[PDB]
Asks: 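For discussion: a PDB structure holding CP-80794.
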Amino acid sequence: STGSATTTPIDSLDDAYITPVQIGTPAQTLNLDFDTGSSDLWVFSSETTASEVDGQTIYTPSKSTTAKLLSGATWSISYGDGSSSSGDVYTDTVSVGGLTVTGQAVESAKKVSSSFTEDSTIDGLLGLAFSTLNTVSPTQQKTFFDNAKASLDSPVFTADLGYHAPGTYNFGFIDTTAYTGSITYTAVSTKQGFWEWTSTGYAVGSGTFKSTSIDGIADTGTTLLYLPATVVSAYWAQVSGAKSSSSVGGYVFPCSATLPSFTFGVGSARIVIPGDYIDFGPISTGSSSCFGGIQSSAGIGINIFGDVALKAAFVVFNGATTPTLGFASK
Ligand SMILES: CSC[C@H](NC(=O)[C@H](Cc1ccccc1)NC(=O)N1CCOCC1)C(=O)N[C@@H](CC1CCCCC1)[C@@H](O)C(=O)OC(C)C
């Protein structure tokens with residue numbers, strides 16, 4: 001079987017992408033943030049404390065004929081930007097883009113932190129890292145992708161994220177119209193539960209490619225590109241009004257500037273980020289300064305190839321028993 005769904009940016013700065021997911025019978029449609037940096041599918045629901053809900057669309061398990069309570073199972077997660085939620089657990093039918101899994105664990109939030117209530121566009125998360133990071137206890141639950149692997153035509157999914165535009169997640173086949181050239185695959189380590197890989201090096205603008213190993217994660221649920229301090233400082237040295245701003249929390253530059261492209265290595269292949277994709281946008285509406293899309297990972301403690309990078313490429317998460325990651329230009 002296969003599925004394909006449209007993923008849309010939630011705002012004009014592509015802060016995050018949402019995708020329609022049908023949960024329940026009859027189907028309740030919620031727009032979920034597909035996150036390769038965690039492994040919990042959880043939703044706002046009729047369980048969630050009332051003053052912590054607004055904007056969002058909730059799932060109501062009592063109106064789904066196929067929902068079962070998973071007795072005794074509770075979950076609690078927190079993310080890299082400090083947000084968090086917890087609750088209990090049902091199984092129920094979940095479909096993406098025509099592709100249906102029965103028995104999937106749908107985590108019901110009893111409580112959500114303040115950034116989730118304030119974000120009206122995102123109704124939940126669908127996690128697509130490896131199932132060892134799942135948070136349900138006592139027994140951890142498999143992700144949507146792990147549960148669909150049995151019925152998929154191949155055990156892959158692809159992310160094709162658009163630059164101020166919609167894009168596509170596909171499951172189970174590779175759309176050879178959606179990219180150019182050939183895809184290059186590189187090994188993934190699953191040690192930490194992420195789609196973790198090693199970049200072979202980087203270039204700035206039309207300058208030289210430096211071969212140096214950058215271990216990092218491919219994470220659809222992080223906005224920016226976060227790389228080692230000395231790499232990000234070589235980037236912004238080429239932008240004459242860029243400086244590191246403590247107040248703002250990163251490198252800022254005048255919005256009028258034309259930025260250089262950034263190239264990162266995959267194997268022998270090279271992926272080039274256009275400079276326009278690194279201009280994240282004005283620091284406030286009508287400002288002359290804009291925030292940069294490449295920033296340091298030093299306080300994070302891991303390198304993140306977030307949406308700034310993955311949207312310049314067509315990327316294949318290859319979920320075979322030995323996983324790999326594929327990138328092609330587009
Ligand atoms: C340095 S890692 C930080 C990362 N968060 C992000 O990257 C959020 C994403 C967001 C977008 C729109 C609205 C709300 C949140 N953006 C963000 O912090 N930005 C700050 C700087 O300007 C760009 C936007 C991350 O924590 N996200 C979670 C996924 C989940 C969180 C809740 C909302 C739905 C997405 C996950 O990807 C994660 O923890 O990765 C870990 C492994 C580092």
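Numbers here are sequence positions counted from 1. Just so you know, ligand 1 is whichever comes first in the structure, and atom 1 is the first atom listed for that ligand. Just the heavy atoms: all of them, side chains too, but no hydrogens, waters or symmetry mates, feed the values below.
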Asks: Looking at contacts alone, what is the main macromolecule next to CP-80794, by its name in UniProt?
Replies: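 The largest contact count goes to Endothiapepsin.
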Asks: What atoms of CP-80794 come within less than 4.0 Å of a heavy atom belonging to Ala16?
Replies: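 The list of qualifying atoms is 11 (C), 12 (C).
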Asks: Select the closest option to atom 32 (C) of CP-80794 among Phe116, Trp42, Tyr79, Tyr226, judged by heavy-atom distance.
Replies: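 Closest candidate by heavy-atom distance is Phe116.
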Asks: For CP-80794, which atoms have a heavy atom of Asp119 less than 4.0 angstrom away?
Replies: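 Matching atoms, with element in brackets: 13 (C).
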Asks: With a 4.0 Å heavy-atom cut-off (strictly under), which part of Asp15 contacts CP-80794: side chain, backbone, both or neither?
Replies: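 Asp15 to CP-80794: contacts from backbone and side chain alike.
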Asks: To which protein heavy atom is atom 40 (O) of CP-80794 closest, and what is the distance rounded to 0.1 Å?
Replies: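 For atom 40 (O) of CP-80794, the nearest protein heavy atom is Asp219 OD2, 3.0 Å.
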Asks: Which UniProt active-site position in chain A is nearest to CP-80794, and what heavy-atom distance, to 1 Å, separates the two?
Replies: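 Using non-hydrogen atoms, the nearest UniProt active-site residue is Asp35, 3 Å.
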Asks: Do you see a protein non-hydrogen atom under 4.0 Å from atom 18 (O) of CP-80794?
Replies: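 Under the 4.0 Å cut-off, atom 18 (O) of CP-80794 has no protein heavy-atom neighbours at all.
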Asks: Find the UniProt domain of chain A where most residues contacting CP-80794 lie.
Replies: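 Per UniProt, it's Peptidase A1.
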Asks: Got a protein heavy atom sitting under 4.0 Å from atom 23 (C) of CP-80794?
Replies: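 Yes, at least one protein heavy atom sits under 4.0 Å from atom 23 (C) of CP-80794.
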Asks: What atoms of CP-80794 come closer than 4.0 angstrom to any heavy atom of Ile300?
Replies: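 Within the 4.0 Å cut-off of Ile300, CP-80794 contributes 1 (C).
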Asks: At under 4.0 Å between heavy atoms, which part of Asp11 makes contact with CP-80794: side chain, backbone, both or neither?
Replies: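 The answer is neither; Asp11 stays 4.0 Å or more away.
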Asks: So is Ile302 touching CP-80794 or not, going by heavy atoms under 4.0 Å?
Replies: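 No; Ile302 lies far enough from CP-80794 that no heavy-atom distance drops under 4.0 Å.
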Asks: Could you name the option among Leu13, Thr121, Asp81 that has the heavy atom nearest to atom 5 (N) of CP-80794?
Replies: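 Looking at heavy atoms only, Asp81 sits closest to atom 5 (N) of CP-80794.
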Asks: Using heavy-atom distances only, which candidate in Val308, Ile217, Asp40, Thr223 approaches atom 9 (C) of CP-80794 most closely?
Replies: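 The option holding the nearest heavy atom is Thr223.
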Asks: Which residues, given by chain and number, touch CP-80794 within 4.0 Å on a heavy-atom basis?
Replies: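 Residues with a heavy atom in range: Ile10, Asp15, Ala16, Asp33, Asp35, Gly37, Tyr79, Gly80, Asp81, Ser83, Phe116, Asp119, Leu125, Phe194, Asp219, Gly221, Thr222, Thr223, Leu224, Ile300, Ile304.
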Asks: Are there any protein N or O atoms under 3.5 Å from the N or O atoms of CP-80794? List them with distances, or say none.
Replies:
from     : atom 1 : to     : atom 2 : distance (Å)
CP-80794 : 5 (N)  : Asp81  : OD2    : 3.0
CP-80794 : 7 (O)  : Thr223 : N      : 3.0
CP-80794 : 16 (N) : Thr223 : OG1    : 3.0
CP-80794 : 26 (O) : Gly80  : N      : 3.0
CP-80794 : 26 (O) : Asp81  : N      : 3.2
CP-80794 : 27 (N) : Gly221 : O      : 3.4
CP-80794 : 37 (O) : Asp35  : OD1    : 2.6
CP-80794 : 37 (O) : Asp35  : OD2    : 3.3
CP-80794 : 37 (O) : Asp219 : OD1    : 3.3
CP-80794 : 37 (O) : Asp219 : OD2    : 3.1
CP-80794 : 39 (O) : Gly80  : N      : 3.0
CP-80794 : 40 (O) : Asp219 : OD2    : 3.0

